[PDB]
Amino acid sequence: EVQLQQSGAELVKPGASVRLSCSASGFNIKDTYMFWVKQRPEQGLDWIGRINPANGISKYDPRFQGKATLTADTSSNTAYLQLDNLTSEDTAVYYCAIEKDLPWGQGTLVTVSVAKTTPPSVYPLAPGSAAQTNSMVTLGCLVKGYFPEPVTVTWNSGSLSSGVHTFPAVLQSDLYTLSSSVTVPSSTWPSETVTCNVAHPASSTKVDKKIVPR
Amino acid sequence: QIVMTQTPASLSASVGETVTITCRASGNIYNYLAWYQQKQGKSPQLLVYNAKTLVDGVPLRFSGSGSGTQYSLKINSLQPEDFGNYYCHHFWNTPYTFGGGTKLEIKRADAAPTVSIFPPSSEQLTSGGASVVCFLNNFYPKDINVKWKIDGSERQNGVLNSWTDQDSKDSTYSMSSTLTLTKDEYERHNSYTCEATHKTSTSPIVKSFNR
Ligand SMILES: C[C@]12CC[C@@H]3c4ccc(O)cc4CC[C@H]3[C@@H]1CC[C@@H]2O
């Protein structure tokens, strides 16, 4: 299929440089004008540059001229973006795209920071003993004390889709805290089994904490 | 360089409502513009390019228009899934500047927060901290305040609140209020309380546990 895959997310200390690799599949970049976009946490879309892989002449927005470098090789269609002297003002989601009707890349998150990577402790949120029998109940998972973004919280390995709510983690002393709830009928709980599964790639840690009554 | 100024900054309209988002260019961009819809956490979606041209698969309700410096996107018969951010992309020349983005909320009939309170997790206790969580699911409008009555007196020291985006269907929100205490502080108090005062009931929604 005709689609682009960007590199994995990376954690970089301030000052260093990153080479992001956007791999296109199903077509050839030597015949497409590629460009990149920046997006700060909660902020807008910034145009970083543009490039024609064939010859290699790239145009940039003056703002990024001093740190962004669009480079592309046809040998493997892998477009690159080198970011020099990284500062916090760079921590953002960088997208890869082509100047045509083809969906952008999934974006590569570049988290510029000094904080060492830490695995999330997931805590099961079960009711403190209240008449739960009432149509449906609501239990949750509180994942906290982890860095860096992102993480993956799912209920019963994707089985539980409806009624799941995951909240955009919040920073604190450089650590994050995120939570998720699930509304399952009074029936499935606790006759059935329901547990959240949270995965944190950056630490190669995955975890299953069983939601059992107190 | 051609700077793009888009308006309105934030917006709200109900299902079925025709809307018009506008992007005005400092210099004539000769129809070289494109509108993108970015739903939270996802990648921009191309809706319209070359001024009026709509992408394949994009629902006929999304209309694009404009001329010279003024360009407008018109979403006729608004639908619940049309919420999110919208940007305009100029590419008459470099740099291909973006617009400021338009926020879009979906007007829906008010709904009240289904409050739930969960005392600290059995395990967490041993670490030396205790987060009492209260989930207030499926309400609207986002305008809402919860308060933490510790035992008798009021608490507001050390609380994290987060709101999800609008649901794909019921356009409702949700909030995760977390009062993070320390083992001892939690061990020296009983009736922790989550009082939700929302614009739907003069009598506040109250859920609490006694320990
Ligand atoms: C990629 C853009 C949207 C898609 C546009 C397109 C879309 C289809 C096509 O056949 C040609 C072009 C040329 C310019 C492209 C634009 C350049 C700026 C914008 O982001």
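Residue numbers begin at 1 in each chain, while the letters A, B, ... track the order of the sequences. Start at 1 and go down the list; that is how both ligands and their atoms are numbered. These numbers come from the heavy atoms of this one structure, side chains and all, not from hydrogens, waters or symmetry mates. The header says X-ray crystallography, 3.2 Å.
Lab note: drug at ligand 1, from forodesine, ketorolac, chlorpromazine, pentostatin, estradiol, identified as estradiol. The macromolecule with the greatest number of heavy-atom pairs within 4.5 Å of estradiol is, in the PDB entry, named monoclonal anti-estradiol 17E12E5 immunoglobulin gamma-1 chain.
Those other chains that come under 4.0 Å from estradiol, heavy atoms only, are A, B. As stated in the entry, the source of chain A is Mus musculus.
The name that the PDB assigns to chain B is monoclonal anti-estradiol 17E12E5 immunoglobulin kappa chain. By chain and number, the binding site of estradiol at a non-hydrogen cut-off of 4.0 Å is A:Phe35, A:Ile98, A:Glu99, A:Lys100, A:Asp101, B:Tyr36, B:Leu46, B:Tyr49, B:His89, B:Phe91, B:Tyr96.
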